[PDB]
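Complex: calcitriol / Cytochrome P450-SU1.
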Amino acid sequence: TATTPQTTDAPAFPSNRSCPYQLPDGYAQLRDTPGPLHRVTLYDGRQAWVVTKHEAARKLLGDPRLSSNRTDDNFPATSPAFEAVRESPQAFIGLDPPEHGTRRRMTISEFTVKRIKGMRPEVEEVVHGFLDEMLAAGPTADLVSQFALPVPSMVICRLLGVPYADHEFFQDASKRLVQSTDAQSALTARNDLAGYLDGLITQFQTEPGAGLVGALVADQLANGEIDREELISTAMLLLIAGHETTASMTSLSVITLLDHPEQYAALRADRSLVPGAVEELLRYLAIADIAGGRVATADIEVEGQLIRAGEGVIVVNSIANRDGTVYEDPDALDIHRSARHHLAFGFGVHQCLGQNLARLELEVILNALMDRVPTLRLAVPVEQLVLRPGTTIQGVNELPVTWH
Ligand code: HEM
Ligand SMILES: C=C1/C(=C\C=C2/CCC[C@]3(C)[C@@H]([C@H](C)CCCC(C)(C)O)CC[C@@H]23)C[C@@H](O)C[C@@H]1O
């Protein structure tokens, strides 16, 4: 057995949060360490780089020498489950220019400022509908299953043209896919979603329908400009991203704001602060903090350190968002600060497609909770909650809440 000191210069990565709104101890360690880059050891024993500073993160996310090719052998997979991404055709998140651009542009029209603005009445209706259903069901509710998840689910389903009648199926499959612990479990959830989306495509070919999937079938698919499997992958990416991210932000935002009563009170008293508070919560909670995996296709020198071709690089936006040279006292929640320039949504060509939809949803959600249920509180201590591991989208699967 090992009879010598166990200190390493390439710590295990990722790490799990112990506090919903604070970096794992190991991540705080990396944040405090000088230099833009640090060595880590991934689950499979391979070494990769992490990017741990704000400006360096922007630079590297903008660098065309860092590929998003998830089918590349050297891609820094963070868990066994990740191996189900490199099994089907890639959605544009796993593509590089010029392929990335041709696919992304097929979807952008649904996420424009004009369209997002137009969605506000719809989002407000959905939020208040699930809210008054939960409240009528009586206190001691799970905010996740009863509010946090169904809200963005219904909204993204309308955008895509996915029938909400099938929600129990695809919500379950989404959770199984994103939170899968092994490759086999992930592949099964993917195959389940794929078969369903495949059926929807055939339905659309017979009888055209509304939504992005409807449009892609009638247009790009009919022209052979997108492969059928690519359409499935694209729809799956938007469906899952649309579900899981906003849900995670809602639940973690509630926990975080309840732990900062003075700021939450301030928020209630002046709703002009909500858009700014949403940005701060995005910066602070960074729920997709390892959604910045890359592979170097050429040598890259970064402030005296060399990233070699073939090496994996993960841009860790939670750590980058806690860069004290950009955000004064970075580990303090401050809804009054400028959280502008944060990396919660990434940067560059792969910068979050849904970011303005997420902003709208969270603004509507927070205003709704403050309007309708100002006495919302956790029904269990924060210590009794179970946080998801650092290998997946950050959040809680259950959030016991009560009110008066
Ligand atoms: C709720 C807060 C959200 C956060 C924190 C978040 C985070 C991120 C991050 C960090 C990326 C960059 C990934 C990379 O560079 O590899 C990304 C990309 C993406 N996100 Fe978001 N996301 C959120 C909400 C959403 C929503 C609601 C949608 C709706 C469809 C969405 C759809 C997408 C898509 C399609 C991409 C890939 C963009 C591309 O590769 O060109 N996201 N997201
Ligand atoms: C939806 C898609 C697919 C898989 C998504 C998965 C499967 C494996 C585990 C993943 C990649 C989860 C990750 C463990 C979450 C951590 C963030 C990350 C490692 C991606 O930074 C989130 C989504 C999950 C199938 C693909 O065909 C389309 C789309 O691409």
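If you read the sequence from its start, that first residue is 1, and numbering goes on from there. All heavy atoms count here, side chains included; hydrogens, waters and symmetry mates do not. Start at 1 and go down the list; that is how both ligands and their atoms are numbered.
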Components assigned to calcitriol
ligand 2
Between the candidates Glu87, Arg190, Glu83, which shows the shortest non-hydrogen contact distance to atom 25 (C) of calcitriol?
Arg190
What protein heavy atom sits nearest atom 14 (C) of calcitriol, and how far off is it?
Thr391 O, 3.1 Å
For atom 21 (O) of calcitriol, what is the closest protein heavy atom, and at what distance to 0.1 Å?
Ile290 O, 2.9 Å
Report yes or no: does a heavy atom of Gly293 sit under 4.0 Å from some atom of calcitriol?
no
Among residues of chain A listed in UniProt as binding calciol, which lie with some heavy atom under 4.0 Å from calcitriol?
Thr78, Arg190, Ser233, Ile290
Out of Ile287, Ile93, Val178, indicate the one that has the non-hydrogen atom closest to atom 22 (C) of calcitriol.
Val178
Between calcitriol and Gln394, can you find any atom pair, the residue atom being a heavy atom, that is separated by under 4.0 Å?
no
Nearest protein heavy-atom contact for atom 20 (C) of calcitriol: which residue, which atom, what distance?
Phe82 CE1, 3.5 Å
Okay, heavy atoms under 4.0 Å: who's in the binding site of calcitriol?
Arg70, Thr78, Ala81, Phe82, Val85, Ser88, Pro89, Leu177, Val178, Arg190, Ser233, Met236, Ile240, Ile290, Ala291, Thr391, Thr392
